[PDB]
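Step one of this worksheet: look at the structure below.
Letters A, B, ... mirror the listed sequences (proteins, then strands); counts begin at 1. For ligands, and for the atoms within them, numbers begin at 1 and follow the listed sequence.
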Number of protein chains: 2
Amino acid sequence: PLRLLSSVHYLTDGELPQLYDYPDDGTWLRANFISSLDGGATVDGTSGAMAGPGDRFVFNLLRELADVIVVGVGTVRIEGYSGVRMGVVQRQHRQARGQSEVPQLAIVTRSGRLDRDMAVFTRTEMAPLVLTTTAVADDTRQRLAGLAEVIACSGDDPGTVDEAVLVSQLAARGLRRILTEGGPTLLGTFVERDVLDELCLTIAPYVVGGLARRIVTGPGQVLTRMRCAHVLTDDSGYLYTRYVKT
Amino acid sequence: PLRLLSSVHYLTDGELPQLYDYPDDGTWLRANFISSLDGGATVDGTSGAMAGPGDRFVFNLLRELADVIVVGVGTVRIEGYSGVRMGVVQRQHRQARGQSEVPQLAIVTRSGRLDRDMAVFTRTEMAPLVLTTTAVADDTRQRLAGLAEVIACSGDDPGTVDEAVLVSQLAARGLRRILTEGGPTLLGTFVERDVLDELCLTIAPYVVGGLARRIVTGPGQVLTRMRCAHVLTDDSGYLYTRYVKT
Ligand SMILES: NC(=O)c1ccc[n+]([C@@H]2O[C@H](COP(=O)([O-])OP(=O)(O)OC[C@H]3O[C@@H](n4cnc5c(N)ncnc54)[C@H](OP(=O)(O)O)[C@@H]3O)[C@@H](O)[C@H]2O)c1
Ligand SMILES: NC(=O)c1ccc[n+]([C@@H]2O[C@H](COP(=O)([O-])OP(=O)(O)OC[C@H]3O[C@@H](n4cnc5c(N)ncnc54)[C@H](OP(=O)(O)O)[C@@H]3O)[C@@H](O)[C@H]2O)c1
Ligand SMILES: COc1cc(Cc2cnc(N)nc2N)cc(OC)c1OC
Ligand SMILES: COc1cc(Cc2cnc(N)nc2N)cc(OC)c1OC
């Protein structure tokens with residue numbers, strides 16, 4: 001029943017985006033995370049130290065493919081999120097697909113407690129979206145006037161974000177090709193709400209010890225089956241995987 | 001820089017053990033763990049629910065190849081460890097390699113607080129080893145007289161286990177082909193002490209939510225680079241990976 005995987009194909013830079021194409025239509029929520037062999041999402045508080053050149057390339061590619069990059073406010077602070085950068089070629093490829101030159105950032109926050117002074121607001125070509133709750137969207141909107149478009153993402157409960165609404169709120173604005181880069185709380189919610197369509201997961205060839213949290217924190221305990229779409233590798237032993245529900 | 005992995009080879013039951021051969025000589029500490037996509041070592045408190053037929057086959061194969069299966073006392077209680085089972089063919093293959101018919105169990109405990117009444121002692125063809133500290137080995141030996149061989153595995157500190165000594169204590173008894181199936185505390189220590197030579201890691205195609213701990217718990221924060229030896233897959237989307245230091 002066991003098949004050996006090995007490298008069968010060098011991926012030209014035209015095929016690589018094909019591997020990670022979004023659906024032709026409909027909203028697609030893709031997560032991109034990196035994890036150590038032993039399930040560690042962080043080394044020294046962030047994921048950067050595991051992100052080798054291979055993973056950075058895939059990471060930037062996924063951003064390049066996305067209409068919007070949805071990120072929890074914690075990751076935004078902790079990983080020092082600034083505006084998405086798109087090089088001339090990235091922009092070109094994006095226009096070629098009928099996309100804006102750079103994807104937007106969508107910051108998710110139930111609290112609304114974002115400061116006017118954050119790199120996501122400051123070092124950014126496009127103003128980011130703030131995805132938050134009906135309860136606090138208005139004050140958040142005013143407090144962040146000029147910096148971000150604040151979007152109420154409550155479903156039935158005006159005090160929380162309904163992650164399915166979040167997704168539709170983005171799609172409603174033509175940001176249907178969604179990428180989230182976390183964090184683990186945010187990813188946890190996408191998981192619980194069963195709105196995660198896709199997990200792109202870099203498995204870094206490291207063990208990091210027990211201190212690190214996983215790429216998904218929270219109280220959720222689901223058992224969402226996903227399908228292995230592909231696994232890529234490089235010379236450094238990284239596995240760049242792509243899993244799709246269900 | 002990116003190569004697509006795909007199934008290039010169906011593994012006959014003779015090749016599969018070759019993929020997981022132990023070195024011809026020297027002690028080798030191999031860990032076998034299963035993890036969800038999102039780094040969850042457990043579903044509902046144990047790893048069983050992620051272990052499909054593919055993973056059970058590999059798991060039993062690794063046991064089959066091992067001279068001894070080293071397991072922390074917590075995993076022994078929590079996963080209801082009983083004696084290792086070896087079928088007639090498993091035994092045959094083991095004898096063919098000059099190995100005993102079934103590998104031994106080695107239970108690791110710093111405390112020594114094992115009960116005479118445990119399935120590891122009761123439903124077992126071979127009495128298991130108890131790998132513990134110099135400080136408590138004697139009382140442990142007496143309290144477990146008839147049930148287990150108690151082995152002092154302290155290095156410089158008689159109050160703790162030195163995991164390198166643990167490994168040598170097993171090798172000294174001709175149990176040099178070591179497999180550990182955890183748990184995460186135990187694996188954490190193997191990692192910190194840098195004695196883990198190999199991680200066989202099943203990546204189950206599931207996301208499980210944030211509740212689960214990783215396959216490595218503890219305060220350790222290392223960055224041990226490992227080399228991807230192989231990745232196998234089955235029809236169910238499982239990745240059966242084998243990583244080797246360094
Ligand atoms: N290995 C990787 O791939 C990876 C990727 C990203 C991050 N990380 C790491 O994980 C760590 C941070 O974890 P984190 O959980 O705090 O990140 P996070 O999910 O980005 O931040 C959590 C916060 O974002 C908001 N949020 C998340 N989900 C929400 C939801 N469904 N509805 C409303 N708000 C939501 C909340 O903000 P409010 O409190 O304002 O309501 C929440 O407190 C960092 O160290 C980071 O480096 C790792
Ligand atoms: N996904 C997987 O592959 C996998 C595999 C195995 C287990 N698990 C799960 O993880 C959970 C249990 O975790 P756990 O950390 O408690 O398991 P564990 O490592 O087997 O048990 C911990 C205990 O074993 C002893 N121990 C471990 N390392 C030691 C060392 N270096 N020196 C001396 N003693 C040591 C200690 O016993 P004393 O307290 O007596 O000193 C320690 O308290 C279970 O739910 C289990 O299902 C998952
Ligand atoms: C590619 O650059 C970085 C990317 C990330 C996050 C991240 C990195 N890799 C993957 N596969 N998923 C992610 N969500 C984190 C970083 O450090 C915080 C980075 O800087 C090196
Ligand atoms: C194969 O049978 C089981 C194995 C395990 C532990 C385990 C399972 N799979 C892997 N890859 N590593 C491990 N350490 C755990 C189990 O449940 C506790 C099992 O029963 C189904």
| request: Select, from zardaverine, diethylstilbestrol, trimethoprim, the drug or drug candidate present at ligand 3. | output: trimethoprim
| query | According to the PDB entry, what is the name of the macromolecule sharing the most 4.5 Å contacts with trimethoprim (ligand 3)? | reply | Rv2671
| What are the letters of the other chains having a heavy atom under 4.0 Å from trimethoprim (ligand 3)? | A
| query | What are the neighbouring residues of trimethoprim (ligand 3) within 4.0 Å, counting only heavy atoms? | reply | A:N32, A:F33, A:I34, A:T46, A:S47, A:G48, A:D55, A:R56, A:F59, A:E79, A:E181, A:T202
| N/O to N/O below 3.5 Å, does that happen between A:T46 and trimethoprim (ligand 3)? | no
| field | Enumerated trimethoprim (ligand 3) atoms positioned under 4.0 Å from heavy atoms of A:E79 | value | 5 (C), 6 (C), 15 (C), 18 (C)
| query | Which trimethoprim (ligand 3) atoms, with their elements, are less than 4.0 angstrom from a heavy-atom of A:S47? | reply | 5 (C), 6 (C), 15 (C)
| said: Suppose I only count heavy atoms of A:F59 and a 4.0 Å limit; which atoms of trimethoprim (ligand 3) are within that range? | reply: 1 (C), 4 (C), 5 (C), 6 (C), 7 (C), 8 (C), 9 (N), 10 (C), 12 (N), 13 (C), 14 (N)
| What protein heavy atom is closest to atom 21 (C) of trimethoprim (ligand 3), reported as residue, atom name and distance in Å? | A:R56 NH2, 3.1 Å
| Which trimethoprim (ligand 3) atoms, with their elements, are less than 4.0 angstrom from a heavy-atom of A:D55? | 8 (C), 9 (N), 10 (C), 11 (N)
